[PDB]
Amino acid sequence: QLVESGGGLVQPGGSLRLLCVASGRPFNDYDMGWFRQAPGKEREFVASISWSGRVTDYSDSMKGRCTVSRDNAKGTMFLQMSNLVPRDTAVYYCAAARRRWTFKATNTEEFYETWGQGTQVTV
Amino acid sequence: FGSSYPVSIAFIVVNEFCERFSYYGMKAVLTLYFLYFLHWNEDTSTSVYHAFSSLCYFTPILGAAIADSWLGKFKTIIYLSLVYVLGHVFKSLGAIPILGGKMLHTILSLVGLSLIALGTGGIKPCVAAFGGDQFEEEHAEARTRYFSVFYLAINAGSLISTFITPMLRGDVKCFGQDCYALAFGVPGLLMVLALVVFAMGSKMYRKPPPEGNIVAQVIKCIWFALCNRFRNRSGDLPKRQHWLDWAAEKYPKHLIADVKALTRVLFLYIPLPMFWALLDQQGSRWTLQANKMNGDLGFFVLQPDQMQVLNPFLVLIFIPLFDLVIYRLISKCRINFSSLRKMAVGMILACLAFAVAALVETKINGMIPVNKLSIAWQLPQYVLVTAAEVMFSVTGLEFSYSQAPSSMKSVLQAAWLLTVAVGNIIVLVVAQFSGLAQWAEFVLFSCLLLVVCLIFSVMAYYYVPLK
Ligand SMILES: CC1=C(C(=O)O)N2C(=O)[C@@H](NC(=O)[C@H](N)c3ccc(O)cc3)[C@H]2SC1
């Protein structure tokens, strides 16, 4: 609940590390995922991490390579993109979903109910 | 070749292997299929996996109820193998991403899983009872060896599955995406092959017909027995010498005796779920223990998870070692292992295995890493637990068969599998409680196994064998 995302500008071919800070409720009760909304596009799934961190998934693109991982203590989750190309110059959203039984795809927006604020990571 | 072993069992054992293999091939990928194809929660994926496993463990009730009351065996096995094959067809058909998505995939996968559980619970007890029935009642020495080979085939299928499944899910391109259709198609083809090889021995089998609605008659007899003693305000002989002796105004003695035997064996099996639950705390806790010890081995880097493979492999070395050597040595002298001392000593071996695990955990925690345990020193406890499993499971199969009334040979096997199922349920419920140190956890498990062995030994001392 009340997820806050912080990133910044980067240069082509470089690596950036976004951070998602969740405050208000425990971070071990939330499935988390990353989405991006490039200007004019709807929203693209980027990566997902389960409540325990054991299960992690990345979109087909995951430009170059990504590495998502959370720290349930202090509620900080970060995304590690490495080979950023002129694409993916989009605001990266942080989505938090509580633990629950559901058949919704974990890589969709419908699955997640809490959305943070974007972070313009241009390239 | 002129021996006491019928050629027909060659078709049965080879079937069970081909079954277990396939099963262990399908189960291994299962969770991943949920997470990286269906994109389900960790919670939802784990819950569905556990529910599927529990249903597979509990369907033997339906399988044995069908087999011993209606259609007999070789027609329960055949039809439930057809159901199993249909479930595999749905599972593989529900994993190709070309037709439908997120709606047809889920429904097809769940229907296939349900059919697979139904087939497994009904190919498990009936096949063992059938193979046992292939032997004459005078050939109890060859039937024990058949059951040993049956367990050996089960474990060989498990091992070959663990060794071949990654080769099927590694770098494949079904449809622009990971190939989960093959991971389920290969198990489906193995199941079809098992069904074909089983059905090819039809002219050789010794199909015995069912003796009637055994389940219904047993339930009616028990209900009448428990209702007749209710002589609240009067009565002089409600039921004397047993709680089934005056449920005899109907249900002639030939059925009262069978119900008596079933009840005796069930009372004997009462505490087996606890043993199964305690013994199952070795595929998870021991992996955590192995995570904290060196795994280079000097020759090949050994990942802790791979240590699990040492359970089936060691069994393949102990089943022939025991049945051919150790037991023979025990029979060289006057010592009499009566198939219930074997189970008690197996429980004791499991208790010692967990005691050794506790000692090894204490040694690990004694670091101060000069005194860092190798991934070896987990060998003694694996050896002990595998010896316990060999001396318990094979003997339990033989005991469930040899002590079952001829009319309910596949119901006692169902009771065995249901002790396993209740043990799994106990494991599930207790998994949510964890507040003890690992060494204390192992000490507690060893003490609980000792108590379970004591209770089982006391009950088996007073057991009245079928005869
Ligand atoms: C009744 C039953 C089953 C079954 O439901 O089909 N069997 C397997 O499947 C076999 N498992 C192994 O051979 C294994 N080495 C094994 C692994 C863990 C255990 O806690 C016991 C046995 C045996 S066990 C008991």
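Here is the naming used below: chain letters follow the sequence lines, and residue numbers restart at 1 for every chain. Any value given below was found using the heavy atoms of this structure, including those in side chains, with hydrogens, waters and symmetry copies removed. Counting starts at 1 for both ligands and their atoms, following the listed order.
- The drug occupying ligand 1 is cefadroxil.
- The main binding partner of cefadroxil (ligand 1) here is, in the terms of the PDB entry, Solute carrier family 15 member 2.
- Taking 4.0 Å as the heavy-atom limit, the other chains contacting cefadroxil (ligand 1) are B.
- The residues lying within 4.0 Å of cefadroxil (ligand 1), counted on heavy atoms, are B:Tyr24, B:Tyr57, B:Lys124, B:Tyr151, B:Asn155, B:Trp276, B:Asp280, B:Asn311, B:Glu389, B:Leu417, B:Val420.
- Measured from cefadroxil (ligand 1), the transmembrane segments of chain B (UniProt order from the N terminus) holding a heavy atom under 4.0 Å are 1, 2, 5, 7, 8, 10, 11.
- The entry attributes the source of chain B to Rattus norvegicus.
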